[PDB]
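Since the structure comes first, as C-alpha cells, the remarks are kept for the end.
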2 protein chains.
Amino acid sequence: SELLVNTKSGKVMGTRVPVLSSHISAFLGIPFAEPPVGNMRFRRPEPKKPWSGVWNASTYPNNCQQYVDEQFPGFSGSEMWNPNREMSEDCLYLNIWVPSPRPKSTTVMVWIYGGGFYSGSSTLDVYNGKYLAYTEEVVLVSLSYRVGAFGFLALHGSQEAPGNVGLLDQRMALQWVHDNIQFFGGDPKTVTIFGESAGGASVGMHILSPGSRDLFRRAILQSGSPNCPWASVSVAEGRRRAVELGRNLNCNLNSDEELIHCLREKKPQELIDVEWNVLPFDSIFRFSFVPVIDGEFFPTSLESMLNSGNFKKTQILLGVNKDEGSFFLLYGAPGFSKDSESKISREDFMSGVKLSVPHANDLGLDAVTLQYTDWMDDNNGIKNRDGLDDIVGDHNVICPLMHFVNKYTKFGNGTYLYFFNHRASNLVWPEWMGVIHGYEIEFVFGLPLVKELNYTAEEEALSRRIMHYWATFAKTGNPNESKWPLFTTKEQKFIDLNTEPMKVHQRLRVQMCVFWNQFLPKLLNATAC
Amino acid sequence: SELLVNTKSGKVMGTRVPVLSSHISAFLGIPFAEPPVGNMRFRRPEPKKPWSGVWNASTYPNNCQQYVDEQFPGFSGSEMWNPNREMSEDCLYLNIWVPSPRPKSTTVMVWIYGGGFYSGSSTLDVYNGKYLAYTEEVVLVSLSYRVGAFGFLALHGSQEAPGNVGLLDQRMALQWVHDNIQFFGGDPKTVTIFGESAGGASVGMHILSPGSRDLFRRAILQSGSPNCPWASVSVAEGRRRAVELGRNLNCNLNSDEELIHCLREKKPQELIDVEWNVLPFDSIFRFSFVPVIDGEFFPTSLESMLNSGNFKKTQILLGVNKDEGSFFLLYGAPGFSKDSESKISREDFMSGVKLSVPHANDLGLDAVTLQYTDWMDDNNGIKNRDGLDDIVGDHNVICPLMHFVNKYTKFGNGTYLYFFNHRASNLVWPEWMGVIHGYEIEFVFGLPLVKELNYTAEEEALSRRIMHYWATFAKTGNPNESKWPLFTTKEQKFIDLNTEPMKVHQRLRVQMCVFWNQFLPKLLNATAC
Ligand SMILES: C/C=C1\[C@H]2C=C(C)C[C@]1(N)c1ccc(=O)[nH]c1C2
Ligand SMILES: C/C=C1\[C@H]2C=C(C)C[C@]1(N)c1ccc(=O)[nH]c1C2
C-alpha cells in the first residue's frame, strides 16, 4: 500500500492528505529517538529501539516542552507560532510528506524549525510541508528537537547534561532520514536541510560540526547563521546559566550531579517558568539556553572554523528579510506597542540601542547611535523606530549572516543570497513592523496557494516561484532551471524576492555590516585595554 | 588737506588712489610699533616712539619675513598670495583706506590676514581695501603681524621669547586703531575686526583674550576659529618646537637665553629654511609656530573659556567655504596634483586620512575611514578624493568652527553663519579643488567689480552683496538692512552665499561634526586607557 512503508526501524502506516485538488501521503510522528524523559532529560539522544507491528503515523506528534507566547492572547499573528499539540518531553518525532505516487528516488528537504532555540514545533500550520511536497515533488521531512533547557542546558564536562543535545536530536533525525528515506522515495544523497532563524543557525552548525556534514547534501539558511550573536555561548557562560537556573529552583549547587539530579526532578513547567531569569543582561534577541562552543560538536571557535575552511563545502542558499528587528523590539523594547505606530523618543531609542547591544561599553553604544542616527532630524520618532529596527536586524541577523556568506563563499561550491522584502498583504501585524522575521516561511511553504487564506495572485505567484527556487536548489545545487546570480566575494550579488520583477543588487548592507563585523568589535576590544 | 592727518603719533601724509571711476585716500604703511629687529626679535612689540614731520604714507610697507610658496612658480593662483614687497623684520605697519570726502565718524573694519600663522601680507592684491572702503563708505584698516618663528616662537617663561608675540602685534595695531582712527573718520567704538583662516583664528582669539576685548566692537571670522586643531599649541609643545628649531640651527641648547641668543643671531632666512622641520608629525594643515595656550594671552584652555562664557559677548558673523581641504591635500597629500583630476586610490586615501588626522591611533584612523567611505563603491577615486577633501575641511575648519559657534551663541549677542559655495568663474586652480580655502576673500574685498579681472555679472553681484553684508554687519551688528536668519543653537540656521538666490539651511554638517566634535575625541580618549 502507498501508505505502508518498511523502514529499518519497523513498519510505519501513513495517511493520505488532500492538497490543491489532489493528494499526497503523510507519515506524521515517526519516532527517531528514545523519548528523552526521566533520567534521560538533558542526556544525548538515543536511537529508537525498533518496534514491531505498524507504527500508526497518521497524526502529528507532541511538541517539546517550551515557552508559550502569551503576549497577545487571541492574536493569530502570534499564536500561530505556539505549540498546537500537547507539549511533552516525548516529542522527538519527525514528519514526512511524500508525493503520490511515491517517487523512486527524489529530492529530500528536511525542515529545522527555529524559535531562538527556546521554542518551535514541527506541527505549525505554516510548517505544513504538503504544498511543497505536492507542488515540487520532493519528499519533505520536518524534524523536531528539544528546545530550551531541555535541549541546551549545558554543564560542560558532565555526561548527564553535556549541552548541545538539542543539536544532537537534529543530527539523530538527519541520521534516521539518511538511513530510511530511500524507502519513502527520497534520495539520501540529495538531502537539503533548510531552516529559519535558530533553524538556519542549526543548519549552518551542521555544515560546521564534523559529525554532521556527511548526513546532508546542501543547505538553505533563512535569517540565521551559526555565528549570530544569540546562537551560541561559551561553555563557561553556558555553565553559569545552568547554575542560575538551578538557583531559581532551589537546587543543591554543591555539584553538577546534584544540580542535574535536582533539575531532573523539576516538572517541565518549572524550568520554563524561570527560563528567562538567567540571561546575563537586560537585552532583546538573547535567549537562555543555546548551543555551547564545547569542543566536541564544535571543534573550536566558529570564527576559526570559518577562517580555516574547516567546514562542509557544498552549495548553500541563504538570505535575510527586510525587517528582522521589528518582532524583538515589539516584545522587549520600551516605546513599542502593537496597536500604535510606535514612534520612538530619542530617550527610548537610547534605551533600545542599549537593549540591542548588551555587551557594549558606552563608547560602543556611542558608536551605534552615531551610526544609526540622522543627526539632522534626531527627534524624528519614525526615523528612530526604523533606525532601531535596523540596529536589531543588522546586529543580530543581517550582518552576522553576511560574515558567514563571505567566509563560506571562499571555500564553498556555490552561494546564492536573497533579500526578502515583501509584506504579505494579509499580515495582521502592525505595518511599522514591515517584513518580519519569520514571514518568508509562509511563502517558502506555499500557504499563498490556499485561496481561503486570502493572499493575492501576485503573492501566490511569489510563493510558487520561491518554492521552485528552494526545490530546484535542493535538487541541483542551483536555484535557476532572470538568473539568480551566484554570489561571489568579488561581486556580492544577491537578489530581491518580492512580487515585483526581481532585480540583482550588490553588497547587501555593506556600510552597516562593516560597522558591525569590523569596526564595532575592534572598538570594543580596543576600549578595555 | 584730505591726505594730511595728525595722529597721537605724529602727522601722516597719505595718497589719493583711484577706484571705480572715483577716488579715495590711502595712508599706507603707518608704523604701529617699534621695528622688532635685533635683540627685539621674538620680544613683545613696543609702541612706536612718536615722530615729527609728516610720515610719508604713500606706499605699501615691507612684508614680514616668511615662507614663500614656490610650489608652482609662475602660477598666479599661488603667487598671488606670496609677499609682493621686500620682506623685512621691520614689517609692523598698518594701512588705512579712507573714503573721500573723509567721513566724520564712520564704521571701521580691521583686516587680519591668515596664512596658517606662517605667512601673510597686508599688501596682497586681494587684500586691497579700496573697493570696500569706497563701495561701503567704511574706513578699512589692514594690519600686519609677525608670522612664523618671528611671531610665534615660544619659550614659555622667558621674557625674551614668551610666545604669542604675533598676537600682541595684532593687539598693538588694534590699540593704535583705537587711539587714532577718529582722526581719519573712523569711529573707534564701531570697529569690526575681520579675518580669514589664521586671521579668523586670530579674531576669535581676541574675542577670548581679556587684554584684547575692549579694542573692538564686533567680529567676522572667515574659515577659522580659535579652536581649530592647527591654531594653537600647549606651552610644552611650543617649547619643544623652539628647541628643535634651535637644534636645526646648531644652537647651544644649554638654556633658553643661549638658544634665544643663537636664534637672534641667525639671519631671517635661516629660521625659515628649517621652519617646517619641527612639526611633530607627518601631517597636512599643521604649521610650526602658532599661538601657545600660555596662561597670559589665554587665561586657560580655550575649551574651558568657551564653556564658561569667559569671552567677549558681542555679535559675530562667521562661516566656511565648501571645500576647505583641497588646497592642503594638493600640497601635501600623495596622489594629488594640480594638472590632473587627482582621483585617489584607496591606498592613497588611507595615506591622506593618516596625514589629515596625525594624532589618531589606528582605531581613530579606522573610525575616520568608516565614516568617510562609501563602502559600496570604495575604489572610486572621485569619491575618495572628495571624501578626503571633506575629511581635511571638516576636521580642520568646518567642525571646530561649528563648535565655536554653538559655544559662543550661548552667550553672544547675535551669530550669523554663512556657507560659501561659489567657485569664481575665472579661478585658475583645478576644478577638483572646488570652492577653495581663501577664495571668498576676493568677493569680500570686491575684486569682482574690476571688469579687467573678468568675473561675471552675477559674480559682481555676489561681491557687492557680500560686501554689503560685511559692511552692514560691521555698522549695526546685523548683516540685514531675504533675511539672513540669526543663528540660534536651537534652529541652527545659516545661509548659502552664491550667485543663486540664497536659501537658509540648518545644521551645517551635523552628522560629520558630531563625529569630529563628539565621537572621535571620546574615542581617542577611551582608547589609551
Ligand atoms: C516570527 C516569530 C518567531 C521567530 C523567532 C522567534 C525567536 C520566535 C518566533 N515566535 C518563532 C516560534 C516558533 C518557531 O518555530 N519559529 C519562530 C520564528
Ligand atoms: C588659499 C591660500 C592660503 C590660505 C591659507 C594658507 C595656510 C596659505 C595661503 N597660501 C595664504 C597665504 C597668505 C595669506 O594671507 N592667506 C592665505 C590663505
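Reminder, nothing fancy here: chain letters follow the sequence lines and each chain counts from 1. Below, each value reflects all heavy atoms present in this structure, side chains not excepted, and no hydrogens, waters or symmetry copies. When a ligand or atom number is given, it counts from 1 through the structure's own listing order.
- The main binding partner of ligand 1 here is, in the terms of the PDB entry, acetylcholinesterase.
- Checking ligand 1 against dexmethylphenidate, primidone, huperzine A, cycloguanil, tapinarof, the answer is huperzine A.
- Lab note: other chains with heavy atoms under 4.0 Å from huperzine A (ligand 1) -> A.
- Distance remark: protein heavy atom not present below 4.0 angstrom from atom 9 (C) of huperzine A (ligand 1).
- Applying the 4.0 Å criterion to heavy atoms of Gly116(A) picks out, from huperzine A (ligand 1), the atoms 7 (C).
- Looking at huperzine A (ligand 1), you'll find an N or O of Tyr127(A) within less than 3.5 Å of one of its N or O atoms.
- Counting the atoms of huperzine A (ligand 1) from 1 in the order shown, those under 4.0 Å from a heavy atom of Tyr118(A) are 7 (C), 8 (C).
- For huperzine A (ligand 1), the atoms lying closer than 4.0 Å to a non-hydrogen atom of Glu196(A) are 18 (C).
- Distances below 4.0 Å separate heavy atoms of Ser119(A) from the following atoms of huperzine A (ligand 1): 12 (C), 13 (C).
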Distances under 3.5 Å, N/O of huperzine A (ligand 1) against N/O of the protein: list each pair and its distance.
residue                : atom   : partner   : partner atom : Å
huperzine A (ligand 1) : 15 (O) : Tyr127(A) : OH           : 2.6
huperzine A (ligand 1) : 16 (N) : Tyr127(A) : OH           : 3.3

